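Dihydrofolate reductase bound by trimethoprim.
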Amino acid sequence: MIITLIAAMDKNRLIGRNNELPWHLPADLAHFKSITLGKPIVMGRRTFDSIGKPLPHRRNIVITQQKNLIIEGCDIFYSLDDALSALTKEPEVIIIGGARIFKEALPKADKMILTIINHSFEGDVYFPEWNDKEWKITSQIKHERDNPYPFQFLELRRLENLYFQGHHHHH
Ligand SMILES: NC(=O)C1=CN([C@@H]2O[C@H](COP(=O)(O)OP(=O)(O)OC[C@H]3O[C@@H](n4cnc5c(N)ncnc54)[C@H](OP(=O)(O)O)[C@@H]3O)[C@@H](O)[C@H]2O)C=CC1
Ligand SMILES: COc1cc(Cc2cnc(N)nc2N)cc(OC)c1OC
């Protein structure tokens, strides 16, 4: 199973304000949808509440501690680990937020697909700081504003150590 975090953030890693997105960025919404269709998506309960309904054409998984919580059109699990355990056969599970889920998922994540907006918004929740020594950039695409803020799509893949790593060429 590949664990992938997808998130949109500003230059300070801000992702949210009052349980809403701090911006409207159509390019990001198109990107997110095209990436997530036909994959299982995992979100925390507040993010589901923010979205307000299941995202169509995808398996919506919601994490909550509330044992008797019912959400039509979503699968409920009582921990991220329980969800990941149930999805063992999936080639890729996409974690879609929010801040609490991202923080918990990051130590298990293999991949990150990040939209980074070149602007500073006002807000209350952030994407977790990742260790730049642990991850390599596999794709970076910068976009000028039109989408009224400039933005980039940055893809990262988790590494494996210079001391122990294999090498591409040998004499
Ligand atoms: N910019 C972006 O890409 C994104 C932004 N957002 C933003 O993030 C914010 C929401 O994030 P946040 O408030 O952190 O909430 P989350 O979306 O991470 O949901 C938190 C809730 O999820 C449940 N939960 C999380 N982890 C566990 C666990 N390990 N075991 C059991 N239950 C768990 C709990 O539900 P319960 O209370 O029911 O027990 C908890 O209150 C919003 O502002 C939203 O707009 C969200 C996604 C992406
Ligand atoms: C498709 O609509 C929404 C999607 C998301 C999650 C999300 C959106 N974009 C990116 N790049 N990563 C994510 N995890 C979060 C939302 O609100 C918190 C949405 O409602 C506007």
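Per the PDB entry, chain A residues shown: 1-146, 149-173, in order. Atoms within each ligand, like the ligands themselves, are counted from 1 in listed order.
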**Item:** All copies of trimethoprim
**Value:** ligand 2
**Item:** trimethoprim atoms in contact with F32 (distance to a heavy atom under 4.0 Å)
**Value:** 1 (C), 4 (C), 6 (C), 7 (C), 8 (C), 9 (N), 10 (C), 12 (N), 13 (C), 14 (N)
**Prompt:** For atom 21 (C) of trimethoprim, what is the nearest protein heavy atom, given as residue, atom name and distance?
**Reply:** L21 CD1, 3.7 Å
**Request:** Consider every N or O of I96 and every N or O of trimethoprim, then say whether any pair is closer than 3.5 Å.
**Result:** yes
**Prompt:** Where does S50 meet trimethoprim, judged by heavy-atom distances below 4.0 Å: at the side chain, the backbone, both, or neither?
**Reply:** side chain
**Message:** Can you pull the source organism for chain A from the entry for me?
**Reply:** Coxiella burnetii
**Item:** Atom indices of trimethoprim, in the order listed, that fall short of 4.0 Å to a heavy atom of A8
**Value:** 10 (C), 11 (N), 12 (N)
**Request:** Examine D28 against trimethoprim and note whether any of their N/O atoms are separated by less than 3.5 Å.
**Result:** yes
**Prompt:** Taking the minimum heavy-atom distance to atom 2 (O) of trimethoprim, which of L29, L114, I41, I35 ranks first?
**Reply:** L29
**Atom indices of trimethoprim, in the order listed, that fall short of 4.0 Å to a heavy atom of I51** = 16 (C), 19 (C), 20 (O)
**Message:** Tell me whether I6 has any N or O atom under 3.5 angstrom from an N or O of trimethoprim.
**Reply:** yes
**Asked** Which residues lie closer than 4.0 Å to trimethoprim by heavy-atom distance?
**Response** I6, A7, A8, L21, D28, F32, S50, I51, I96, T115
